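Next up: a structure with clavulanic acid.
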Amino acid sequence: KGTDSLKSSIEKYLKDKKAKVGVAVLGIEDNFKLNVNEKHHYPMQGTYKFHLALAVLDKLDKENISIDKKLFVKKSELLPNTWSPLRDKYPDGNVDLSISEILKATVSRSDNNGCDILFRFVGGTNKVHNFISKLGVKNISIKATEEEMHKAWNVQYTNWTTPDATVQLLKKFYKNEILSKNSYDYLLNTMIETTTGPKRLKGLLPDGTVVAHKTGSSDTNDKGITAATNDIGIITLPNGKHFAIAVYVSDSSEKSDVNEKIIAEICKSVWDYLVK
Ligand SMILES: O=C(O)[C@H]1/C(=C/CO)O[C@@H]2CC(=O)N21
Ligand SMILES: [Cl-]
């Protein structure tokens with residue numbers, strides 16, 4: 001009967017997939033809800049740079065600090081051997097960068113040094129955890145910086161979420177219940193104006209569908225397990241309405257192109273349902 005047939009359709013798709021896949025959908029203006037494998041903790045990876053950006057922009061809003069205020073970034077903070085367009089652009093460090101530019105690198109391009117710079121700015125991972133909890137969203141654990149996750153293999157699992165929590169947080173954000181209008185407009189634009197994950201949530205959608213999103217990805221260990229392949233965001237339906245969706249393909253033995261196709265197929269079948 002509608003939602004449960006779509007849910008059964010997704011579960012049948014997931015049966016032969018060697019991964020633990022979590023799915024959540026929340027209508028923005030017309031309450032719609034769908035969960036698959038909700039009672040599970042999924043490693044977030046890069047998706048938690050969205051949570052960090054909320055915390056940075058909230059701090060700017062509350063303390064009346066301009067997004068153009070510049071922060072001095074020491075060379076020792078532009079770590080090597082990590083994804084970081086910031087360090088590529090400023091290899092020698094010791095540069096004054098506006099918060100706006102660090103945020104853009106972090107959200108739109110998933111900069112890891114940008115991420116840790118901003119964690120320092122808001123007072124560390126626990127401060128972001130508290131900020132998120134006090135918004136009334138439970139079941140998000142934020143324990144490790146990018147530099148910390150790049151050490152032991154296990155550390156990435158201490159940044160975890162249920163799919164429900166993400167989609168609740170995306171909806172609060174998207175309905176502008178969190179930020180000032182200017183902070184909201186900026187974060188939203190950087191989530192639309194990203195080049196990442198073209199084969200994930202957006203993979204099978206019609207050309208030009210606007211999708212504000214944040215990806216997350218992990219390494220693959222030598223037992224062929226890719227810990228995390230994620231995409232979360234807000235999608236615009238043909239009638240101009242929206243839905244928040246989060247897909248976490250975790251602890252997967254499948255090849256990377258299958259992991260992305262899973263996100264794209266699931267999103268497509270949710271799209272088809274709400275369009276019909
Ligand atoms: O497009 C719409 O009319 C509504 C809808 C209808 C089907 O549940 O559900 C999704 C949530 C939303 O905004 N959409
Ligand atoms: Cl690969």
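The first residue of the sequence shown is numbered 1, and numbering continues consecutively from there. Both ligands and their constituent atoms are indexed starting at 1 by order of listing. We use all heavy atoms of the structure for the numbers below, so side chains are in, but hydrogens, waters and symmetry mates are not.
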Query - Mapping of clavulanic acid to structure - result: ligand 1
Query raised in the report: Which partner chain accounts for the most atom contacts with clavulanic acid, named as in the PDB entry?
Result: Beta-lactamase
Query raised in the report: Heavy atoms under 4.0 Å from clavulanic acid: which residues of other chains qualify?
Result: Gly27, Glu29, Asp30, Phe32, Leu237, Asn239, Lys241, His242, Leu274
Requested in this report: For atom 11 (C) of clavulanic acid, find the nearest protein heavy atom and state the residue, atom name and distance (0.1 Å precision).
Outcome: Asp30 O, 3.1 Å
Query raised in the report: What atoms of clavulanic acid come within less than 4.0 Å of a heavy atom belonging to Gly27?
Result: 11 (C)
Query - Distance from atom 1 (O) of clavulanic acid to nearest protein heavy atom, with residue and atom - result: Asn239 ND2, 3.1 Å
**Report entry** Closest protein heavy atom (residue, atom, distance) for atom 2 (C) of clavulanic acid
**Finding:** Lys241 CD, 3.7 Å
Query - Modeled covalent bond for clavulanic acid - result: none
Query raised in the report: Counting from 1, what clavulanic acid atoms have a heavy atom of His242 closer than 4.0 Å?
Result: 12 (C), 13 (O)
Query raised in the report: To which protein heavy atom is atom 10 (C) of clavulanic acid closest, and what is the distance rounded to 0.1 Å?
Result: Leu274 CD2, 3.5 Å
Could you list each nitrogen or oxygen of clavulanic acid that sits under 3.5 Å from a protein nitrogen or oxygen, with the atom names and the distance?
| unit_1 | atom_1 | unit_2 | atom_2 | d |
| --- | --- | --- | --- | --- |
| clavulanic acid | 1 (O) | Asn239 | ND2 | 3.1 |
| clavulanic acid | 3 (O) | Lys241 | NZ | 3.4 |
| clavulanic acid | 13 (O) | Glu29 | OE2 | 3.3 |
| clavulanic acid | 13 (O) | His242 | O | 3.2 |

